[PDB]
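Here is a PDB entry that includes trametinib.
Throughout, protein chains are lettered first and strands after them, A, B, ... in sequence-line order, and every chain is numbered starting at 1. Whatever order the structure lists them in is the order used to number ligands and atoms, beginning at 1. Both backbone and side-chain heavy atoms feed into the values below; hydrogens, waters and symmetry mates do not.
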Amino acid sequence: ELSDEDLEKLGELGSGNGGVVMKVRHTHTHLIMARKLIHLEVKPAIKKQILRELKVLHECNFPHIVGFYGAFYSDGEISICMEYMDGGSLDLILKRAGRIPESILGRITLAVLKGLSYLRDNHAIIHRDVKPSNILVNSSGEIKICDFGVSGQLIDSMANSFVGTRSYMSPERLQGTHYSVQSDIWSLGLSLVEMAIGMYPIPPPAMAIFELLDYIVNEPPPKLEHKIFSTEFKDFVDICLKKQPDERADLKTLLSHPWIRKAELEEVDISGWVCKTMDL
Amino acid sequence: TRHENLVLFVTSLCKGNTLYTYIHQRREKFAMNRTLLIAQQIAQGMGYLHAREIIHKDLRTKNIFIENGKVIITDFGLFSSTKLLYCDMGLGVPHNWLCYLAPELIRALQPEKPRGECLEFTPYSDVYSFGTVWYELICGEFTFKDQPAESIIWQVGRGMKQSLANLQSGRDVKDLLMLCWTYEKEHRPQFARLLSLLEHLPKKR
Amino acid sequence: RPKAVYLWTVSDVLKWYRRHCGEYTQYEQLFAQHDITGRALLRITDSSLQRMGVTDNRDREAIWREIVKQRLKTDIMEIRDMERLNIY
Amino acid sequence: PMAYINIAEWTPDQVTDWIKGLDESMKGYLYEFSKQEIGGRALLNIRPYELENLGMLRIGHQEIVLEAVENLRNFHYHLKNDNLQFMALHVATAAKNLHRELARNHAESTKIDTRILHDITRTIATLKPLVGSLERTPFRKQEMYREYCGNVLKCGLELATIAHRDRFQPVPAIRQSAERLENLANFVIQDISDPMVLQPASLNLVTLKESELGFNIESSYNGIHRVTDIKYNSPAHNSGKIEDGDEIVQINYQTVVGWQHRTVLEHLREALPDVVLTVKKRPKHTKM
Ligand SMILES: CC(=O)Nc1cccc(-n2c(=O)n(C3CC3)c(=O)c3c(Nc4ccc(I)cc4F)n(C)c(=O)c(C)c32)c1
Ligand SMILES: Nc1ncnc2c1ncn2[C@@H]1O[C@H](COP(=O)(O)OP(=O)(O)NP(=O)(O)O)[C@@H](O)[C@H]1O
Ligand SMILES: [Mg+2]
């Protein structure tokens with residue numbers, strides 16, 4: 001099916017900026033479609049084992065998930081291609097604009113909650129990678145999701161890793177506990193605070209990795225009491241951000257939260273905002 | 001650099017298989033006598049090295065070469081706080097590099113722009129890496145496996161050790177493992193004493 | 001020396017509700033339908049109470065505090081027993 | 001050991017059978033559980049909202065299954081890490097959390113908020129596994145462990161008494177007790193240099209024979225079936241590997257974690273003359 005022979009080379013946002021991706025326009029019927037450069041050094045014995053775990057990535061056609069076109073190998077790198085979105089990601093928009101108002105935040109929360117609920121209910125796949133860097137926005141006004149951990153063997157065989165000055169892990173995760181669905185809620189709440197204020201909130205408004213990983217575990221979780229917001233937003237973030245996993249609500253009981261219902265019953269112009277922020 | 005074929009880094013300086021590839025790809029159960037002999041040779045070589053006021057700043061299981069039972073230690077003058085350098089996404093952590101660092105070194109810097117040398121190396125921190133080597137050579141695999149970097153950093157920084165669920169032997173080997181991984185620097189042993197401790201055979205054959 | 005709370009039955013739970021927090025008398029029947037025995041009295045959570053039907057905030061807070069006080073009072077009876085066992 | 005027992009691949013029939021022994025008041029929910037085909041993976045991640053989709057409108061009936069599920073998760077996921085240092089983690093973490101929260105609040109002329117009592121209760125609950133493992137066979141024949149047990153018990157008794165006695169202020173007292181608890185937990189984590197605090201428990205298989213093996217099970221409040229008062233007759237310990245402190249988890253290849261003591265004795269006495277069990281032996285040393 002898919003092969004690297006028929007994929008061309010097009011323009012890109014940057015060269016080496018963070019990770020490396022490259023837009024591709026298919027020669028046949030002009031399929032505009034992006035590519036992901038994933039580089040590994042693995043013996044061929046487990047190569048097939050990794051290869052067999054990307055079919056579940058294509059067997060999911062929910063509206064709030066980026067499409068999957070195929071996967072192939074070419075000269076020491078695994079190539080995985082997904083539908084190209086002309087909007088970008090929440091990181092870039094956050095850096096340019098500065099913050100995001102309440103209504104857009106509510107719509108994004110609704111979209112990600114629906115996507116996570118679908119994934120967990122249908123295939124029992126835990127995202128484990130939830131951050132503003134994994135939410136793709138289109139131009140019409142849609143919201144999608146990508147880069148969710150499906151193949152655990154790829155983690156066990158990853159060539160390298162990166163840490164960075166921003167971490168979105170959970171206090172139970174840093175103490176060696178297993179991965180559960182309740183870990184995603186903490187990261188989602190932290191992301192919500194990040195897009196609400198404009199910066200990483202863990203250092204209250206630098207210093208080594210350990211002094212962050214131990215500040216997260218011991219110090220009280222951040223709160224948005226220092227500015228005038230909607231009360232329901234504050235209670236939603238409060239429920240999302242709690243140290244003990246048992247006090248953190250499952251996704252099926254924040255979908256009935258008053259804030260989410262208010263967001264659902266309303267209607268706000270996402271298309272105008274996304275068009276204005278980007279270059280038309 | 002003669003007694004234990006110490007290498008200072010095709011007629012000479014030949015390269016081949018190592019200890020890491022041996023114990024991993026071959027999956028061969030090393031005999032107890034071979035384990036004791038290899039440990040004794042490594043201890044003697046490092047004790048000789050420590051006597052010339054030069055610090056082995058990077059000891060892993062890929063920096064040892066075994067040829068017909070003769071150990072070789074190499075690449076003891078390269079690693080530093082500048083050799084690792086990566087992009088704005090954060091520090092690039094190799095796959096099996098965070099389980100060889102003592103707690104005093106695990107406090108690395110995030111922005112990848114440290115002025116001068118961030119780390120400080122001492123012979124007290126070097127013997128810590130010997131404990132991991134013996135653990136992996138007697139048990140069969142690494143430590144802190146199937147964990148992310150952001151978890152290993154915090155777990156090690158608290159002063160922890162992998163639970164000994166895969167070892168079945170006397171109290172001597174476990175006592176030595178606890179001796180190597182001691183949280184306080186000064187209470188760690190020195191290679192002169194460790195060679196004597198390992199010389200008294202815990203068991204024979 | 002009251003009996004161990006782990007062995008309590010329902011009747012003991014309604015007696016406890018009558019004695020300790022008899023002021024909020026319109027919610028006692030809720031414990032009857034939902035079968036709150038001794039074991040479940042320890043692990044009742046704020047979400048669990050909210051589900052059970054304590055709509056008003058103040059009454060739910062008062063009941064939460066009373067149950068918390070009871071759970072703390074039953075904790076001493078374990079520490080002392082373990083201390084006596086340790087002394088032997 | 002591990003091959004016989006798994007929890008992430010349980011067929012719905014096994015989940016249905018295990019739930020039966022939890023209580024005699026849950027006979028009517030077996031059919032509904034069988035209909036939806038709730039496997040082991042879904043069982044381990046059960047939540048209160050889901051249980052209301054199977055007709056379990058009673059909170060008291062929910063709590064029993066929640067407790068059994070939590071016990072099963074604790075036994076399965078952390079079987080190979082249940083050592084002395086791991087239990088010392090929670091003793092320290094909760095104390096430091098409470099201390100930092102109290103320092104940040106900087107409250108004055110106010111009563112102890114219910115959240116503070118909740119954290120205090122959570123902290124004392126974490127002491128129970130530590131003391132329960134400390135007073136057993138590995139650490140009952142040495143003086144240092146006894147002194148550590150006495151010190152931590154004194155600190156816990158002060159913690160509980162100060163809170164329960166009267167309201168506010170005792171806030172500096174509770175802060176100081178938290179600091180002492182944290183320091184002692186750090187001492188057991190780092191300073192102690194004995195290799196016992198590293199080795200966790202282990203699994204084993206035991207066969208017993210129409211003689212009734214007289215190990216009177218003294219079930220605690222948590223359903224942990226611990227063997228006590230092994231009869232002095234020679235064959236019981238000559239042919240069996242049971243000892244004081246041993247824990248029974250499986251009968252004839254069937255998990256019984258979190259059950260009620262009544263059915264365990266009933267199952268044992270109604271079992272076949274030849275029986276097979278799984279024992280969670282206390283840590284030892286293979287001195288060869
Ligand atoms: C240490 C740690 O947490 N590791 C970890 C933990 C969970 C997830 C990941 N994970 C990841 O982060 N990425 C991002 C970084 C590139 C992946 O792309 C990625 C990936 N591919 C992928 C999947 C779907 C789509 I639509 C696009 C894709 F590209 N597949 C197939 C995975 O199963 C993993 C291994 C990925 C990594
Ligand atoms: N199909 C796509 N559509 C739009 N943007 C894309 C697409 N694929 C990749 N990108 C962008 O490519 C850039 C590099 O992505 P990548 O390095 O894989 O992840 P990241 O979110 O930027 N960083 P990180 O959170 O550390 O993994 C980001 O700005 C993405 O938004
Ligand atoms: Mg990416």
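Including duplicates, the parts belonging to trametinib are ligand 1. Ranked by contacts, the top partner of trametinib (the one with most) is named in UniProt as Dual specificity mitogen-activated protein kinase kinase dSOR1. Other chains contributing a heavy atom less than 4.0 Å from an atom of trametinib: A. Using a 4.0 Å heavy-atom cut-off, the binding site of trametinib is formed by A/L54, A/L57, A/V66, A/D129, A/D147, A/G149, A/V150, A/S151, A/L154, A/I155. Contacts under 4.0 Å between trametinib and other ligands or ions: ligand 3 (magnesium ion). Most residues of chain A touching trametinib map to the UniProt domain Protein kinase.
Counted by heavy atoms under 4.0 Å from trametinib, the UniProt ATP-binding residues of chain A that qualify: none. Nearest to trametinib among the UniProt active-site residues of chain A, at a heavy-atom distance rounded to 1 Å, is A/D129, 3 Å.
This deposit refers to chain B as KSR.
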